[PDB]
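Here's Beta-lactamase with avibactam (bound form) bound to it.
Nothing fancy with the numbering, it's 1 onward along the sequence. Numbering of ligands and ligand atoms starts at 1, following listing order. Header says: X-ray crystallography, 1.6 Å. Basis for what follows: all heavy atoms, side chains included, without hydrogens, waters or symmetry-related copies.
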Amino acid sequence: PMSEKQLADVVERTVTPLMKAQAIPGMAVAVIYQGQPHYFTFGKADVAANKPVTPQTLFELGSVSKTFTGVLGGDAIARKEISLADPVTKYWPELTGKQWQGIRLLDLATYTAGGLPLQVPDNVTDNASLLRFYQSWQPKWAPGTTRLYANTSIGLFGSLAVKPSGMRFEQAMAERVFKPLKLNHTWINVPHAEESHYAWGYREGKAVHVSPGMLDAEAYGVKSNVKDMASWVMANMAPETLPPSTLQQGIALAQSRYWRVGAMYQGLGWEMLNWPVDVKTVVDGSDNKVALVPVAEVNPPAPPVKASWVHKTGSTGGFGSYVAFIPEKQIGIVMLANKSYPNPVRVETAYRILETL
Ligand SMILES: *C(=O)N1C[C@H](NOS(=O)(=O)O)CC[C@H]1C(N)=O
C-alpha cells in the first residue's frame, strides 16, 4: 500500500500542473483509501483576499448536488411516501395536459420524460410561472425511451419527492440526509456565520457565485467542504457500515441501475459503469449530450453492483467538482475546484490517481 507521503506526492504531481495549465486558483482533494480520508489542498479560495484553500473551504458542487437529491428521493421511496412508478400527476394534479398523462416520477428522476430542457428559464421566478412552463412543454419522444440530461427533470423530481412529507426540499434534505450523516458543513443556503469559508468561483478571471433560480437546491445548489464530501463518498461507497435505516435503503436505490446508454447506467443522481472499465470508456460515458439519445430499460431496476465505477460531475459558472468511487476496491476521490474545467479532464485526473492505489 501507498504511504501518506507517497500518496501526497502522487496528488501534488498531478494537481499542480493541472491548476497552472487550467488557471484554477484553488482545489481541495480527498482520497478515500484503506477506510480513511486523505486531504490535500492547493491554492487560493479567494484570490483578491489572498485566502488559501483549507479543508474547511466551501465549494459549489453544482450538479454533484443531484447525488444528494437522488438519495433523498430513494429515502422517500423507502419511507413508502412515493413510488417511482407513480404518475407525475399524483403529486402535481394541476399538471393536466395530455402530454403528462403517461409520465412517471421515474422519468423525471432519470431524464427520460421525453425531452425536458436543460434549464429552468431565468425569468421563471414563482410557482404560477413554473406551472405555465411545464404545462407548455411539448415532448419530442414517448416517455421511458430517451435520455436528455436536464435540471428541469430531476429538479422537479426532487420537488415532488418531498411533497408527501410536507417539508420544503431544503428542510427534508437537512433532516433526512445531512444530519444523520453528520454533514454539518454542507449547505443549500450558506449561513451568514459560515460565509468566511465560502470560496469565490472564477469565470474569465471574475469572481462569481451561483445565481438563485427555481429548483436550484434540487439540481445544482449544494455547497460543501472537502471533509463533508469525503464523508458523503464514504457513506455511498460503504453504506453497509451505516446502521439500518431508510437512508441506507435510499443509498441502495440511488445506485440501482434504471437505464443503460452505451456503457453508462443511470441511477438516481449517480451514474455508474461496470468495473473494470478503461478511462476512455468512462470519458465517453459521462458526456451529457445536448441532443436526445435512446435508452435501454432495466426492468426491474438492478440492485447496486459493487463492481462499478460510480461517479458524478458538477459545475457552476465558477466551480468544477467531481466525485468517483469503486465499491469493489473501497477507493474513491473528491475533487473540488473554484474554476470550471473540462469534465473529461476531471475523469482523467481522478482515474490516474485511483490507479496508483
Ligand atoms: C450540473 O452541474 N449542471 C447541469 C449540466 N450538467 O452537465 S455535467 O454534469 O456534465 O456538467 C450542465 C452544467 C451544469 C449547469 N450549468 O447547471
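- To find every copy of avibactam (bound form), look at ligand 1.
- Where the criterion is an N or O separation shorter than 3.5 Å, residue side chain and backbone included, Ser286 fails it with respect to avibactam (bound form).
- Residue contacts with avibactam (bound form), taken as heavy atom pairs separated by less than 4.0 Å, involve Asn288 solely via side-chain atoms from C-beta onward.
- Neither the backbone nor the side chain of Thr316 comes within contact range of avibactam (bound form); no heavy atom lies under 4.0 Å.
- At a heavy-atom cutoff of 4.0 Å, avibactam (bound form) is contacted by no atom of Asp287, backbone or side chain.
- Of all atoms in avibactam (bound form), numbered sequentially from 1 with element shown, those under 4.0 Å from a heavy atom of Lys312 are 9 (O).
- Using a 4.0 Å threshold on non-hydrogen atoms, atom 4 (C) of avibactam (bound form) counts as touching the protein.
- The nearest heavy-atom contact from the protein to atom 9 (O) of avibactam (bound form) is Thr313 OG1, 2.8 Å.
- Of the protein's non-hydrogen atoms, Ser315 O, 3.6 Å is the one closest to atom 14 (C) of avibactam (bound form).
- Applying the 4.0 Å criterion to heavy atoms of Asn343 picks out, from avibactam (bound form), the atoms 8 (S), 10 (O), 11 (O).
- The shortest contact between atom 2 (O) of avibactam (bound form) and any protein heavy atom is with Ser63 OG, 2.2 Å.
- Nearest protein neighbour of atom 6 (N) of avibactam (bound form), counting heavy atoms only, is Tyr149 CE2, 3.0 Å.
- The authors modeled a covalent bond from avibactam (bound form) to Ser63 OG.
- Ranking protein heavy atoms by distance to atom 15 (C) of avibactam (bound form), first place goes to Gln119 NE2, 3.5 Å.
- The shell of residues around avibactam (bound form) (heavy atoms under 4.0 Å) is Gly62, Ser63, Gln119, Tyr149, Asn151, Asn288, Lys312, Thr313, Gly314, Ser315, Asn343.
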